[PDB]
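Quick notes on the structure that follows.
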There are 2 protein chains.
Amino acid sequence: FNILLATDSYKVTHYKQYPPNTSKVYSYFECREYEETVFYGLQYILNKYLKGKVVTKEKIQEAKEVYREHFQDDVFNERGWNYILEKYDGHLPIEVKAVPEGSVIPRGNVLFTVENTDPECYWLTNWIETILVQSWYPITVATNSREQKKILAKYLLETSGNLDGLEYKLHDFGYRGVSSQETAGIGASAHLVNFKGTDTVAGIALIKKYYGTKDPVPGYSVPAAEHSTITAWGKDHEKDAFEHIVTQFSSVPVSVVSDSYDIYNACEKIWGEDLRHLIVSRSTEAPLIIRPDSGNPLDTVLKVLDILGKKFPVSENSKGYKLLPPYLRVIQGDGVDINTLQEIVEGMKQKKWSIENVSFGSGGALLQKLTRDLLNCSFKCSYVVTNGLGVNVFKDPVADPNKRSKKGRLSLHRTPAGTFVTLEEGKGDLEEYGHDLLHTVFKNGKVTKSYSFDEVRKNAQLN
Amino acid sequence: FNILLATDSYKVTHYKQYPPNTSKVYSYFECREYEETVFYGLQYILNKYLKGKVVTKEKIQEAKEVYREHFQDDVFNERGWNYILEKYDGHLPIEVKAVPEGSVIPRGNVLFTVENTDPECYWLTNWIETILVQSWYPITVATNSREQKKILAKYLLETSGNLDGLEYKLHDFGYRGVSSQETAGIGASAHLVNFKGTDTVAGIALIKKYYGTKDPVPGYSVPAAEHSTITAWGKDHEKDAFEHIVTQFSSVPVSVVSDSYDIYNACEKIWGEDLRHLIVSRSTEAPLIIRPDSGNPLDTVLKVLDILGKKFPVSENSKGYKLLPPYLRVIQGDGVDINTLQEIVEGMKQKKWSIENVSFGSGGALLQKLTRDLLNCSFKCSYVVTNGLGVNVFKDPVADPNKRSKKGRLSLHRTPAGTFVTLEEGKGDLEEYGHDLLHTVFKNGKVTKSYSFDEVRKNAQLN
Ligand SMILES: O=C(/C=C/c1cccnc1)NCCCCC1CCN(C(=O)c2ccccc2)CC1
Ligand SMILES: O=C(/C=C/c1cccnc1)NCCCCC1CCN(C(=O)c2ccccc2)CC1
């Protein structure tokens, strides 16, 4: 992996564009105003791509050779890169401060800043805006995931009386759904920050590898059928497969796609009559989690429950919402995203069903269908030293005041009302709102401070 | 990278959910019924994740351990995995036939298929469903980008008269916006199949590494300004900044953002007056490319052009559309996706403007913002051999008969009307619509057939 060619091409040409006599280029990152975001993931990109010796004779030469063909000219700054190579044995001469991983900071706040520690590397700061900006992703997943949690929390509480198994309500299916493998990892981790139910094994490694979990492994998973494992017995032997999968895994909790063919038959005939004996005989610690993924998450859950409440002994819980016997539960495989999640869950409430009966699972929406647009994650330059004297820089397009960028040296502070506040123009040095909450996490190619995935949990915690 | 950990979790439990005595699991990939897709991406996946020795006692042991704690039990099949390590020196006993990379195959056709070559590894086929399925991305990005190419070609022709510069009308600005690093590589590579303008350096490397290019410039890019390189000069020195960039790159086409502060000032005054002499004196082979980046993408382009035509000598090309002097062009790099693209270009026409004047730029929408959902990319099983008996498998969910699944062995064919037709139930053997268009591309861990990015290009070509 070469960092020399891991940025947006035109930046390779920025070094010549900054005012002459520029010693410092201070840049920050924020989710311009989902009122609060989970800041998570920077630590990953810092260890995997930024720390250590990132420059090498071979990497400086590879760059030139490419940018030579790419730009049909030698625009590439081999001069400046080669400088970093010798002067600091390839380590990047930049400082990066940030809010502790997992922090839930409201929109408009400085989550992390990047600046060059060596005056000649005034071009490095923004060079890495790209590589570093891709954190918008894990942050977004992390945020959106955590928002879907509150929705399940709000409704589980005002329906069951508590939050048992909350952390296992949104299961990550999106492994096949993501754009790449690496993404599968990163995204899976921005979920395990809010729930422990994940099928995208990848996100786990990353965690143990870049964040470390003292707990017994990050997320988990129960065995489950897929369309191939049931359609393979032939449409006529669907029963044979259902009964083979609940028996093979009579052991632990098993999930079984019941919509291969008429989801409402499988529920009313196969599970509620033929294999009635393999359900009721089950353990509460290992129920048969019926799983449809046919059409319209709301109407199906309701009808599924309706059918099941009818072939099985339903009970009314402390709050009045109907509840299936401990050996029968349901998971919403398809159509679930932060928006529909809200529909289904409230749709159940109106229908008196308890959010207990059902646990959900989102694929693409959960790990894809996310953009740097959603939370307005942006990396803009606010401070710069031109000729020994700094100047507060920022952009303010006319056709868009929403795109005004902060100006000057920034600092994150807790306000007397408990919330946060991002101070600009260096005013954070007036000793006003306590200490800056951002922490130097990166300086001269060496991770100066990291958090464990267990810490990220505690930070991103709800309520 | 351990292939034994690149699959949905439940699939780890799958091996024991198939009917007893199943020697063959054969599945297919299709873009369930964007009327035609570009099949691109399989070749990379095969090469980077499935080729060669993908199994090692170390990777089996790792999985074992991880999986054991994941499912809090050992449902992990090391016996069958261990089998492959021995029998075929860690090489996957599976065969994958597919359509030539770049193939613009309509919708509802079998693009690629998979099946285990060893009756012992019947379970293996689906295992890698996840791995393979992630191709929806490269397919989708190569497909969506191509569609946008059409909208561009369509109006460029009906406005300039030809298709010159077409392959540079959509510059990839999404490196900043993709979910991860590995994504930008894949994404950008799918874009480059349809255009040659990309700032996502990453993609090029992947091409030369997994597809190879004999061509000179597999991906081109000119120097450009970014907000930091301008705003750093201070609001009151935007002119100083503009005049500095045009000078540094007076010889080559240089793009320069102008919405730092008032896009309509930098155009009517900064470039139209204070620095006119620096634009009009430029080579056509190195124009100044004015680039707005905020405001209504259409309203802005028109006013931008309206200002420029009012400050520079505009001509009227044959077709009757207005055209700016050869040294002055516009690059619309914000808010451009297939929809808006189609609105702008269309809006430029009603307003008598040649698509020659503008060149677009998309990022988030181009590479990110696409889902396995869009083209209905799906991988399902359609044929299996149980007790030496082949059965045509399929799912036909009610409440969404649109998720139906083809049945039996498939083959791609070209119908006498020139288009394509996917044959099911093994009816392809009746040898009627010529030979199967699918070529075996992967046998027992060996790429038996790949295509140069030059061929893919020729396949994905338009008209
Ligand atoms: O194996 C699959 C993966 C399916 C899939 C499908 C498609 C793509 N990719 C993966 N299982 C689905 C997650 C099961 C995890 C837990 C088990 C324990 N559990 C309950 O006991 C329960 C209690 C109350 C309410 C609901 C459930 C909550 C849910
Ligand atoms: O390099 C950037 C990068 C912007 C950016 C933004 C955000 C993030 N990352 C990067 N933007 C401008 C580069 C486009 C270069 C090509 C040169 C050849 N060309 C024309 O000569 C022309 C002919 C006719 C009409 C229009 C143009 C078409 C445009």
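The lettering of chains (A, B, ...) simply tracks the order of the sequence lines. Numbers in chain A come straight from the PDB entry, and the residues shown are 9-41, 54-483, in order. Shown for chain B, in order and in the PDB entry numbering: 9-41, 54-483. Computed over heavy atoms, backbone and side chain alike; hydrogens, waters and symmetry mates excluded. Indexing begins at 1, ligand by ligand and atom by atom, following the structure's order.
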Q. Under what name is the drug at ligand 1 recorded?
A. FK-866
Q. Which bound partner of FK-866 (ligand 1) is the main one by contact count, according to the PDB entry?
A. Nicotinamide phosphoribosyltransferase
Q.
So, around FK-866 (ligand 1), which other chains have a heavy atom under 4.0 Å away?
A. A, B
Q. Where does FK-866 (ligand 1) share space with the UniProt beta-nicotinamide D-ribonucleotide-binding residues of chain A, that is, which have a heavy atom under 4.0 Å from it?
A. A:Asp219, A:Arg311
(Q) Help me out: UniProt diphosphate-binding residues in chain A, which have a heavy atom under 4.0 Å from FK-866 (ligand 1)? (A) A:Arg311
Q) What is the residue-level binding site of FK-866 (ligand 1) with heavy atoms closer than 4.0 Å? A) A:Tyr188, A:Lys189, A:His191, A:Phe193, A:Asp219, A:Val242, A:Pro243, A:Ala244, A:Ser275, A:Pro307, A:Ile309, A:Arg311, A:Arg349, A:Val350, A:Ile351, A:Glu376, A:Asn377, A:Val378, A:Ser379, B:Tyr18
